[PDB]
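Here, tetrabenazine is shown bound to Synaptic vesicular amine transporter.
This chain uses plain numbering: 1 for the first residue, then up along the sequence. Whatever order the structure lists them in is the order used to number ligands and atoms, beginning at 1.
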Amino acid sequence: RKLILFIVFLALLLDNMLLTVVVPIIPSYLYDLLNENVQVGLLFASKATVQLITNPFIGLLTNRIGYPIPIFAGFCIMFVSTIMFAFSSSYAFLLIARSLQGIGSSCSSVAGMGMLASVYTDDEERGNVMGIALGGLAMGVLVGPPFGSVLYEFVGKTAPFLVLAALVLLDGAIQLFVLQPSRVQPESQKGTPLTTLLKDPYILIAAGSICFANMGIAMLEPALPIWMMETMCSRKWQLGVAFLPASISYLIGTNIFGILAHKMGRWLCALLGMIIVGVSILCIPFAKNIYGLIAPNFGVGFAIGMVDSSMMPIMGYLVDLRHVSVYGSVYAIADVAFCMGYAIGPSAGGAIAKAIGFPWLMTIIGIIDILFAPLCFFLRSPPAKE
Ligand SMILES: COc1cc2c(cc1OC)[C@H]1CC(=O)[C@H](CC(C)C)CN1CC2
């Protein structure tokens with residue numbers, strides 16, 4: 001059980017490190033405080049809209065053949081994408097590699113959380129373990145951009161991707177020796193169909209709380225001033241620094257609240273997280289400086305980690321309670337909810353910021369987050385099966 005948790009942690013860590021190592025490199029491929037960028041928006045939306053599409057199939061797939069094979073396929077796709085990045089001399093193949101990374105993320109984020117849920121059947125154990133696993137995502141996002149900047153400038157253009165490929169090969173060897181995916185291992189019972197789970201209001205509440213928490217940051221990041229050419233020409237260090245606050249805060253929030261959400265109550269933890277997300281992004285329109293975004297980014301990361309640590313275990317809890325205890329489809333739903341913000345926001349936020357304005361966009365997103373929060377009260381005591 002320890003080694004499965006370590007494998008999931010490492011998979012998410014390297015996934016989100018490959019996700020973000022490209023940040024210092026992106027400006028070289030395309031060359032008010034917040035202005036939306038189409039070409040950055042496409043880089044954000046490609047992986048997310050391929051992972052969202054892939055997610056339901058992985059939920060259905062893990063029922064047929066079990067979890068280890070999709071996890072190993074996620075590793076394979078991650079390695080192939082990492083190799084393709086190191087030799088992508090064009091923007092369109094950057095998009096292609098992002099789509100491949102989306103497929104791999106779908107695999108290793110649906111089947112890894114499903115295996116965590118199935119291996120840790122205790123509710124409190126599952127909460128703690130999933131908090132650690134999401135801390136892995138936070139660590140990957142933390143490490144990515146600075147590693148990319150250091151190796152890109154002081155070693156060479158291809159060095160960060162080759163080193164990351166070596167790390168991914170180590171991850172694959174660990175998965176080979178632990179999971180041994182050579183044999184098809186179907187689930188012990190047929191899971192509840194996806195259409196029936198989507199008709200459950202409480203799973204909808206949890207998925208909505210997961211989804212709306214990510215909307216504001218999903219619409220903020222493609223609009224950051226760091227993509228402007230003055231950063232590439234003079235201010236390069238901001239490309240590495242800009243994602244540190246949210247990563248640190250998300251890491252701390254997930255680590256503490258994986259433990260704390262069970263004692264406090266995951267409904268109350270998610271409600272407070274949603275309120276804090278709504279309030280912290282309402283403070284973004286106040287910023288007239290890039291340094292003004294540091295505190296709202298820290299608050300947003302902390303509260304998003306809080307919401308995730310509250311809501312990821314209850315996805316397994318709700319199927320253990322009201323449905324058949326098979327975890328692939330509920331985490332397909334949860335990952336669809338997570339990816340929907342980064343899939344839609346880079347386009348919808350740009351259109352809305354053109355229509356009414358970006359400060360009003362962030363204001364409305366925060367207001368929506370605040371208004372959604374009372375719905376978490378329904379998760380306090382859901383009824384069981386008949
Ligand atoms: C360069 O591309 C991307 C960069 C980034 C993200 C997504 C991207 O592409 C889809 C997300 C990842 C998270 O979940 C992050 C959530 C927590 C770290 C708060 C937010 N940001 C980090 C940077």
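- The entry's source annotation for chain A reads Homo sapiens.
- Counting UniProt's transmembrane segments of chain A from the N terminus, heavy atoms under 4.0 Å from tetrabenazine lie in 1, 2, 5, 7, 8, 11.
- Looking at UniProt's serotonin binders in chain A, a heavy atom closer than 4.0 Å to tetrabenazine shows up in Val141, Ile217, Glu221, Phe243, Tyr250, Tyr342.
- Residues touching tetrabenazine within 4.0 Å, heavy atoms only: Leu19, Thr20, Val23, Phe44, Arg98, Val141, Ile217, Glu221, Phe243, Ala246, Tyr250, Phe338, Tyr342.
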